[PDB]
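Structure (with 1-deoxynojirimycin).
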Amino acid sequence: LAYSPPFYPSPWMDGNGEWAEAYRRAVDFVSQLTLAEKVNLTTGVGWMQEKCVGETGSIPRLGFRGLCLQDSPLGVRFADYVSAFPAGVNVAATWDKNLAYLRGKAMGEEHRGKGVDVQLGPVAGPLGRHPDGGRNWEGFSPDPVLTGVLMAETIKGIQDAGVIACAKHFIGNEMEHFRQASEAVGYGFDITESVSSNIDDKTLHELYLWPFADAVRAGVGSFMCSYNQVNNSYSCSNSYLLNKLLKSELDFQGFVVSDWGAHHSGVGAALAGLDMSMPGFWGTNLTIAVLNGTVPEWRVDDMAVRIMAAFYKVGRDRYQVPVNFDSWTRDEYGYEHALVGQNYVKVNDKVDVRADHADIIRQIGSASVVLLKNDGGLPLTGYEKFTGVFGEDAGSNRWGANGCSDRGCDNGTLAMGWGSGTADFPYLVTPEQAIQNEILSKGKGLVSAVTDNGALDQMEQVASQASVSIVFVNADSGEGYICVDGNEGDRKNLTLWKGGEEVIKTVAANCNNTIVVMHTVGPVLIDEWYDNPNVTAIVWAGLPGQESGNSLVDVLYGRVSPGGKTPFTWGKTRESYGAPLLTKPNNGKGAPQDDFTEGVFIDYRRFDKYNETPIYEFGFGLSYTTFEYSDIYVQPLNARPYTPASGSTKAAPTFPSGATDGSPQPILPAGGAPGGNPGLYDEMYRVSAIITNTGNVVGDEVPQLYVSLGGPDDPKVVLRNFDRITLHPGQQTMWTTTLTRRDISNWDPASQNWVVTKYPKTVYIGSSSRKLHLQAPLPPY
Amino acid sequence: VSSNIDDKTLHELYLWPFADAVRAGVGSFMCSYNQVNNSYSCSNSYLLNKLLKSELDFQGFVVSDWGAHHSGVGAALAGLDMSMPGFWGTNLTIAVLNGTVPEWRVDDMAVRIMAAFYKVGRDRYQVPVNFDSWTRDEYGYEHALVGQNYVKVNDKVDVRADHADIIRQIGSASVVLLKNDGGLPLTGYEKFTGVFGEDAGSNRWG
Amino acid sequence: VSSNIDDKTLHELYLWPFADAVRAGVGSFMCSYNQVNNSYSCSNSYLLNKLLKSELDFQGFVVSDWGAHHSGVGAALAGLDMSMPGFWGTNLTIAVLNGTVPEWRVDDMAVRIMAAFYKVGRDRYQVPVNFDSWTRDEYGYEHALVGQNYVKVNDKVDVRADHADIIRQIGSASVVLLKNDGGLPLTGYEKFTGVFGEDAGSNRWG
Ligand SMILES: OC[C@H]1NC[C@H](O)[C@@H](O)[C@@H]1O
Ligand SMILES: OC[C@H]1NC[C@H](O)[C@@H](O)[C@@H]1O
Ligand SMILES: OC[C@H]1NC[C@H](O)[C@@H](O)[C@@H]1O
Ligand SMILES: [Mg+2]
Ligand SMILES: [Mg+2]
Ligand SMILES: [Mg+2]
Ligand SMILES: [Mg+2]
């Protein structure tokens, strides 16, 4: 069995740099607390025992209420009068830092307005190892850079709005199967322990840990340790994971909270780096363990100060208002137990926090549409004589937009996946609705919507008369506690749901101007229809939230040129992706073993390595205009040589070998600041190229910079930077970025540091991972 | 919920069959999930200590319904003998050590359980448990001091014997004829018999 | 549709089992809905006059499939003897009187029908039609020359005799064993028999 070595003591905060003010105030607060009060900050109150998805204990003596921790990564869960934003995978498809930031801000606003202290998101774990992983859509992209950049922007948005963000799930939670034994037992599996994600040190550093480093460096206030084990130690009591990787190497200054009921070694978890136990025994035992010296006072002091530093860092002292909604009822009033008898109290204020957030949701919707094919199908005008709309995915959830709890169904248009990663829709504009409005406000031609996937006779009938047929298909997935159609969180296949492929084929056989819109959580196998000559256009539109239909028509009818690029690969087969899902336990009754044997070769890296050609490669998308790439130029910057970090920490302040050691500790060679040794972010090269709009309409291009690191075990290419750029017809721009030292380095397990190998490196600039228009060597120095 | 039942109603209605059960020599009682007069059955001293164990002089053991709420160690004082399904074991041990629960009580709990055991002759009739509630698999894994043991979990012991006979007979004996204006009995020589209703047919899922 | 079949194929394949039918003494033929070489079977003189009634020398009567299209009176000349289900009556009468259908043709049509009748002994075995195709009701109305009569329309005559035996036997003999790798036969002493598939179960509508 793969093994996780111990690493103690649990590092205490430095409170240097951007964390100094927050640390100073956290220290002044914690100094005033009893042991009991400090412990309260670390202890969840109990599942459904208060208002939020999780709450800490309070400190009434100082008029300090317990923190409110609330889902989700795309909105405020279990709340009324809130917005439903596009999923993270949609954000990834925008390739747009600014939009990710603004989505974060708006979500932050909504959480703040409700009294939430901690938004439980965004997500960089799962990263996206498996194309059929159930919760990938909550995150961004299998690519660590795309994910890391947009993760960071999202965090800055949330925290700038005055709410603590929570990077989750740390780490290796790449599938839902066997994530939690009780859950697996519910599915008829006999195991007593969560699966172990077995990840080698190199793979961790270069893939899964990378976006979490970005999260740390972006100033995220909290992390959530995952349900699964990593090398046969539960994330939430994995000393190597938390004490070494997170709190030493990445020098995380904030607090680590457990996933809800994520198994840990109680008091041992605290020594291994856990700061907060959710949802709530730990309170009492922590108090006792401090009193008898099993847990040193500086540990509990550090737990409390991390929590309070996060609080002050985002300005919770300024922005906090009373929690004005209840997670567990929509009723205005409810009975509560009193010291004597009961009271009848206000539990929901129905505070409307939506503001103008429908605009940014429509915009991100449009920006996340990816044009995969267009042989003269798009844009439409709205003056078409006869428009046919086809597929259940065009239509309404007949149970109401919030008719499936936690969105645990696939009724009507798919705008959101299922599980904790959800929010209630204030409304839902369907494609059927938006398309009919478009026509009836313009040319007022014929339009008919056949939204029963079994009604094939009607689809032929209508398609054969149509000037254009717009076909809607979907594929759904979500968190493991919900099973839909035999998908136990994870997808059981990469097929279109509800006979979608049949809908496409039926319509395309009858209409030679067929448009296909895919609302999918991830890739599906399209080999059998994408190349159908009668299919004149194909878009992926993902999970667009409340404005789905409107955001779509803005693109389809040409008000917005599509500018998204696919943030994952569309392969010919499931086998193309490699990394099959473990769906049968392989360690008897013990922890199943998901070995990450493919290393860094997931998604496009795998395709490139094995020379499999994608149908649509990572980073690919079309426009209503054309772009041209020219004149790459590489400038060496002659950065200072890399210095491994060195020296000591301070002694642990007060306000398993080494676990009670509060003496000064040696700094790790790759640590020394939040996000890693600062020398890693030194700029080594400046790289430029010219992008020109050679077409006839204004449009966005997403230029992409890839690096070949040049070793035999390196990917042929890895994404390193990108931007989204609006260009008028004929307009040119010089796209200039820099490559950091980290950008051109490899992880060396022996030296425990990032190294620039002697293999020659090549830089590429292009429009996708396969359309590498420009290249130049990176000259060593 | 609290079932609020006066003393007379209890004695003349709900308790009566339970008295019959005691007197028939029943080895165990299971205390219910609900409360009676705002005390949970499994920690209701009036119910268990007074009515069951004094007035009805029950000699066997009281087990809780599965997760039937009680005041932990105080349940034992109130007449509970066995906690199902389970985290009170170490708490009962402690309560005995610190004197909150007398020795004679834990002793009486143990001896009630064993008394029931010997009363029906478990000592003569016990055989290993040869089936598993949670799987039909023949084998399965169990954790060990080190690694795992692969063990037999179902022996598929056929215990049905001839009990289909009594099940058929009781089926027939439990038919109640509520109306008959020349409808029954039938002969089997009817020219055309219609059978109507899903309640006549098979469970299509097995 | 026109089934286009060459002379050799007809003779060596499709016609062959019909020759056997003729030779078995079959009393009637039914001409088909389709065309053969672009002439409707029921008005196809090559098919009825030549192949069936000359070469195969069929002595019985040809009846049309129900509403099988034909050239009216012209069909009679092409070898049709009976038009089902039924304008042809009076047109045929007319055609005889005005000379378009020879007296000998109609005479032959009638004698073919009556020949079939006597060949199987309908004169001996005919009984009243004692059921109705269109209702299961015992009685019904029929129009009289004045008013209506209420008449028996179904007698529910049970003709099944012992025919369940032959049906069971032919059932068994028509079973084809395509594969057997130690699977069959069974004994009825299997510990656990699973039956699977809707094709095992009842038509829930009766
Ligand atoms: O609902 C709270 C918590 N439950 C479990 C999920 O894994 C996590 O993402 C979520 O934040
Ligand atoms: O299944 C165990 C237990 N569950 C609860 C029921 O109330 C009880 O009758 C049953 O014996
Ligand atoms: O039911 C009358 C008649 N209808 C048409 C069929 O083809 C034929 O076989 C049948 O005898
Ligand atoms: Mg409540
Ligand atoms: Mg540090
Ligand atoms: Mg007594
Ligand atoms: Mg002749």
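In this entry the chain letters A, B, ... are assigned according to the order of the sequence lines. In chain A, numbers come from the PDB entry; the residues present are 23-302, 312-686, 736-861, in order. All chain B residue numbers match the PDB entry; in order, they span 217-302, 312-431. Since chain C takes its numbers from the PDB entry, the residues it shows come out as 217-302, 312-431. For ligands, and for the atoms within them, numbers begin at 1 and follow the listed sequence. The displayed model is a subset of the deposited entry, and contacts were enumerated within the subset. Side chains are part of it too, since the values below use all heavy atoms of this structure and drop only hydrogens, waters and symmetry mates.
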Point to revise | Positions of 1-deoxynojirimycin in the model | key: ligands 1, 2 and 3
Check your understanding: Which chain contacts 1-deoxynojirimycin (ligand 1) the most here, in the terms used by the PDB entry?
Key -> beta-glucosidase
Check your understanding: Within the structure, which other chains come under 4.0 Å from 1-deoxynojirimycin (ligand 1) at some heavy atom?
Key -> A
**Study point:** Residue, atom name and distance, where the atom is the protein heavy atom closest to atom 2 (C) of 1-deoxynojirimycin (ligand 1)
**Key:** A:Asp93 OD2, 3.3 Å
Practice item. Of the side chain and backbone of A:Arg201, name the one, both, or neither that has a heavy atom under 4.0 Å from an atom of 1-deoxynojirimycin (ligand 1). Key: side chain
Point to revise | PDB source species, chain A | key: Thermoascus aurantiacus
Point to revise | Neighbouring ligands and ions of 1-deoxynojirimycin (ligand 1), cut-off 4.0 Å | key: none
Review point. Does A:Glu510 have a heavy atom less than 4.0 Å from any atom of 1-deoxynojirimycin (ligand 1)?
Key: yes
Practice item. Answer with yes or no whether A:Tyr512 contacts 1-deoxynojirimycin (ligand 1), where contact means a heavy atom under 4.0 Å from a ligand atom. Key: no
**Study point:** Contacts of 1-deoxynojirimycin (ligand 1) at 4.0 Å, non-hydrogen
**Key:** A:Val75, A:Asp93, A:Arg99, A:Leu142, A:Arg157, A:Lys190, A:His191, A:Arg201, A:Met246, A:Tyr249, A:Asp281, A:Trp282, A:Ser451, A:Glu510
Hey, what polar pairs (N/O, under 3.5 Å) does 1-deoxynojirimycin (ligand 1) make with protein?
from: 1-deoxynojirimycin (ligand 1); atom 1: 1 (O); to: A:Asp93; atom 2: OD2; distance (Å): 2.6
from: 1-deoxynojirimycin (ligand 1); atom 1: 1 (O); to: A:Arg99; atom 2: NH1; distance (Å): 3.4
from: 1-deoxynojirimycin (ligand 1); atom 1: 7 (O); to: A:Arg157; atom 2: NH1; distance (Å): 2.7
from: 1-deoxynojirimycin (ligand 1); atom 1: 7 (O); to: A:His191; atom 2: NE2; distance (Å): 3.4
from: 1-deoxynojirimycin (ligand 1); atom 1: 7 (O); to: A:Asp281; atom 2: OD1; distance (Å): 3.4
from: 1-deoxynojirimycin (ligand 1); atom 1: 7 (O); to: A:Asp281; atom 2: OD2; distance (Å): 2.7
from: 1-deoxynojirimycin (ligand 1); atom 1: 9 (O); to: A:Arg157; atom 2: NH2; distance (Å): 2.9
from: 1-deoxynojirimycin (ligand 1); atom 1: 9 (O); to: A:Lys190; atom 2: NZ; distance (Å): 2.9
from: 1-deoxynojirimycin (ligand 1); atom 1: 9 (O); to: A:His191; atom 2: NE2; distance (Å): 2.7
from: 1-deoxynojirimycin (ligand 1); atom 1: 11 (O); to: A:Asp93; atom 2: OD1; distance (Å): 2.7
from: 1-deoxynojirimycin (ligand 1); atom 1: 11 (O); to: A:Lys190; atom 2: NZ; distance (Å): 3.1

